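Caption: dabigatran together with aDabi-Fab3 heavy chain, bound form.
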Amino acid sequence: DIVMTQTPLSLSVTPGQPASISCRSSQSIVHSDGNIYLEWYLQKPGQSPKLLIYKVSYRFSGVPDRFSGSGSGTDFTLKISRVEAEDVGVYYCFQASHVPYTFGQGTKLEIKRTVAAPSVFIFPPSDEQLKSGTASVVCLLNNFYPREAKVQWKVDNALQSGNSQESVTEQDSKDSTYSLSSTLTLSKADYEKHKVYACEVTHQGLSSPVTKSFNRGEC
Amino acid sequence: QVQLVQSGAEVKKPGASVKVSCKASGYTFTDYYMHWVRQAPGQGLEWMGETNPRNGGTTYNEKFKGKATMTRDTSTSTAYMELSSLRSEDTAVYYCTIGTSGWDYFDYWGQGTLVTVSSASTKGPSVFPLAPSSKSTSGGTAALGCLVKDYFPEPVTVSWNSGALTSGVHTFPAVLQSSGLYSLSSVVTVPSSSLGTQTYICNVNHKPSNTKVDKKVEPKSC
Ligand SMILES: Cn1c(CNc2ccc(C(=N)N)cc2)nc2cc(C(=O)N(CCC(=O)O)c3ccccn3)ccc21
């Protein structure tokens, strides 16, 4: 089977700057009809792959002018003249010259935008969840850049360990930022042992850490 | 108006079978071959095979022979892929795709079907409001959401106001809890000025448990 090898594994580009991804086929890829069926696809998290380029150098209808494809033999290249926020995602090359048709392993393009501090929000548990015997407290860090952020839970000023989980979004296709949720989960008994619930956020965009807090039950 | 609409997420026990469907519309079904593509974490994107819709003729990627069986129903414009003797390793997103320009490219793709293979019990989610309050404001902006907790397996999909609200929505990737159940939140930022006139409802769908939950997120008086 033809092995498609992509290089680099990851790329981080400032908007307005060029991008270049390589594709190497383990053997030649000339179809029985004499054409080279080499395609490039872009896939965004949770979405289907979208067609960019076909037959090595042909750009698909509706695809921006900035994308171009080139190559011959066993070495192929996708080029973006000026990177834009909408270009984030994973780029895959694909050969359909020889059965079984095969894909490259993907190259992740990340957009190197300006620093953006997070907006911080805190949510006490709902009355419905409290009734069930559990308390989840959600801290939200919205639309920030870069990805690196430190969230610390403080309960009655005591630093917490082992009772929280965090999840980070993919980089946004419009503004190139990330969002992060950090959820502190306690039994109703443990939640009732303390009063002040706080999430302290550290990020490059902030001059000093930002604390968002509340007093349990007191509304 | 070309569309490929796949069947919903499925959860099956090891050894069982599953038949995934792909409803095609907006074109003459017999005009183009139907292809199936698997996307598994690690193995990546793999082309599984192609089906000739005119005669049901199939060409498989050798790796999937026996495992996958491709069929079609021209009368209903539906393509099917049946996976047999399911194992943990068969857990993946399966896409159907067509090419409308001979064999030049795959221009149309289905939304994908997640098939999870597990002996664990299917569990529907608990949906809790993340109410806007004085604690979830940022200079004219209010954040609100829904916490979708204790479900199995993936995926849950979240929409707001039946798909009418999409701007500023962040539906986080699921986390795996120590219990082996999943949890996620879906948040949205809106103007704090209109919390008294606008209605925000999250629509949580969990196809493996056949569950659909609509939760109205009410502003909190704190
Ligand atoms: C093997 N194969 C494929 C695979 N598709 C494919 C798409 C995209 C890609 C890719 N991604 N590069 C790679 C492969 N498409 C084919 C179309 C024909 C064909 O000529 N016709 C028209 C016949 C008439 O009307 O004269 C046809 C149409 C429907 C049923 C039967 N025959 C023959 C053979 C074909």
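Every chain is numbered from 1, with letters handed out A, B, ... down the list of sequences. Just follow the structure's listing: the first ligand is 1, and inside any ligand the first atom is 1. Note: hydrogens, waters and symmetry copies are ignored here, and every other heavy atom, side chains too, is used.
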What other chains come closer than 4.0 Å to dabigatran by at least one heavy atom?
A, B
I need the residues around dabigatran for my notes - heavy atoms within 4.0 Å, please.
A:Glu39, A:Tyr41, A:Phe94, A:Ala96, A:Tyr101, B:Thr30, B:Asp31, B:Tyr33, B:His35, B:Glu50, B:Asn52, B:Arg54, B:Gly102, B:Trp103, B:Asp104, B:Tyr105, B:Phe106
Under 4.0 Å from a heavy atom of B:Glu50: give me the atoms of dabigatran that qualify, with their elements.
1 (C), 4 (C)
Below 3.5 angstrom, do we get any N/O pair linking B:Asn52 and dabigatran?
no
Which residue and non-hydrogen atom of the protein lie closest to atom 15 (N) of dabigatran, and at what distance in Å?
B:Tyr33 CD1, 3.5 Å
Looking at B:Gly102, which atoms of dabigatran are within less than 4.0 Å of one of its heavy atoms?
7 (C)
What protein heavy atom is closest to atom 33 (C) of dabigatran, reported as residue, atom name and distance in Å?
B:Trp103 CZ3, 3.8 Å
Proximal atoms of dabigatran relative to A:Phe94 (non-hydrogen, under 4.0 Å):
11 (N)
Taking only heavy atoms of B:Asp31 into account, list the atoms of dabigatran that are under 4.0 Å away from them.
28 (C), 29 (C)
Look at atom 21 (N) of dabigatran and say whether a protein heavy atom is found at less than 4.0 angstrom from it.
no
Looking only at protein heavy atoms, which one is nearest to atom 23 (C) of dabigatran, and how far off is it?
B:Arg54 NH1, 3.5 Å
Can you find an N or O of A:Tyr37 that's nearer than 3.5 Å to an N or O of dabigatran?
no
Give the numbers and elements of all dabigatran atoms closer than 4.0 Å to a heavy atom of B:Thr30.
29 (C), 30 (C)
Identify the closest protein heavy atom to atom 5 (N) of dabigatran: which residue and atom is it, and at what distance?
B:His35 NE2, 3.1 Å
For atom 25 (O) of dabigatran, decide whether some protein heavy-atom distance is shorter than 4.0 Å.
yes
Name chain A exactly as the entry does.
aDabi-Fab3 light chain
Note the single closest protein heavy atom to atom 12 (N) of dabigatran, along with its residue, its atom name and the distance in Å.
A:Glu39 OE2, 2.8 Å
Go through dabigatran atom by atom and flag the ones less than 4.0 Å from a non-hydrogen atom of B:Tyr105.
8 (C), 10 (C), 11 (N), 12 (N)
